[PDB]
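Below is one structure, written out as structure tokens; the observations come after it.
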Number of protein chains: 2
Amino acid sequence: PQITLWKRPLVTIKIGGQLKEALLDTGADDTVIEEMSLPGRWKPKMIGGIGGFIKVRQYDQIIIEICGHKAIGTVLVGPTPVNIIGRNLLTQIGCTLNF
Amino acid sequence: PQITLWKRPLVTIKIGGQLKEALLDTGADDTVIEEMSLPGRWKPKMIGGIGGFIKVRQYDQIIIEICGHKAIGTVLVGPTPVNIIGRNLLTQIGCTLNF
Ligand SMILES: O=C1C(=O)N(Cc2cccc(O)c2)[C@H]2CNC[C@@H]2N1Cc1cccc(O)c1
Ligand SMILES: CCOC(=O)c1cccc(N)c1
Ligand SMILES: CCOC(=O)c1cccc(N)c1
Ligand SMILES: [Cl-]
Ligand SMILES: [Cl-]
Ligand SMILES: [Cl-]
């Protein structure tokens, strides 16, 4: 698909058996999702941006379906105001910027 | 151009006659640049990120080149951790997400 940027590029994702809305975010290195259960070991991480940093839990080898495209990668879980699909998963669905 | 996301989508911009590096950020509604001098009056704005908020100065109708593409629009100035080109200007240069 081609997604314009007149509004926030929000898409439906499936993760851990749950449906969520998430923002395709080329400015994000990492993918960060609101609190939810995920399988496996985790380690703590701090991620920062405007406003400062939040503490998240890092889970690896998590499968996500993004707008119908399956990908696997690291997913951070924590108190993010918005669910964010970052570059680590955008690459896996073949997402590019074009102009 | 077509820009992949294996690395940060950093580009050269020109603003106030000077070249700077900036990130093409589809997760950002607005464009925010590090402290610099811009002409005219400014208005207050707050922008929200993953860790909270910052106050910024809003300047309108600012001339700015992004990857050599000419734009004129709203530029926010403040303590952003990186120069960010957001959707307000990405739309002006005809930028889309594709996969
Ligand atoms: O503030 C943030 C933010 O926290 N991040 C960083 C981030 C967020 C999530 C994961 C990750 O690895 C990094 C940025 C990333 N793009 C816009 C995310 N923003 C929003 C933003 C920024 C500038 C101007 C705006 O109008 C909006
Ligand atoms: C502490 C470093 O902060 C960041 O990576 C960042 C901040 C604002 C926007 C974006 N896209 C990234
Ligand atoms: C308080 C509202 O916060 C946001 O709009 C936001 C947070 C993190 C990443 C991005 N891209 C946006
Ligand atoms: Cl990953
Ligand atoms: Cl590729
Ligand atoms: Cl604008």
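Sequence lines map to chains A, B, C, ... one by one, in the order shown. By the PDB entry numbering, chain A shows 1-99, in order. Chain B residue numbers are taken from the PDB entry; in order, the displayed residues are 1-99. Counting starts at 1 for both ligands and their atoms, in listed order. What you see below is based on every heavy atom in this structure, not just the backbone, and it leaves out hydrogens, waters and symmetry mates. The way this entry was determined, per its header, is X-ray crystallography, 1.4 Å.
- Given S-pomalidomide, ethyl 3-aminobenzoate, AZD4635, the compound at ligand 3 is identified as ethyl 3-aminobenzoate.
- Tallying contacts with ethyl 3-aminobenzoate (ligand 3), the largest count belongs to the chain named in the PDB entry as Protease.
- Other chains having non-hydrogen atoms less than 4.0 Å from ethyl 3-aminobenzoate (ligand 3): A, B.
- Set against the non-hydrogen atoms of A/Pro81, the atoms of ethyl 3-aminobenzoate (ligand 3) under 4.0 Å away are 1 (C), 2 (C), 3 (O).
- Close approach of ethyl 3-aminobenzoate (ligand 3) to A/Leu23 (heavy-atom distance below 4.0 Å) involves ligand atoms 11 (N).
- Ethyl 3-aminobenzoate (ligand 3) has a nitrogen or oxygen under 3.5 angstrom from a nitrogen or oxygen of B/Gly27.
- The deposit names the source of chain A as Human immunodeficiency virus type 1 (BRU ISOLATE).
- At least one heavy atom of A/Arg8 sits less than 4.0 Å from an atom of ethyl 3-aminobenzoate (ligand 3).
- Measured on heavy atoms with a 4.0 Å cut-off, the binding site of ethyl 3-aminobenzoate (ligand 3) is A/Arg8, A/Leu23, A/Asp25, A/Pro81, A/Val82, A/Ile84, B/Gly27, B/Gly48, B/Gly49, B/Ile50.
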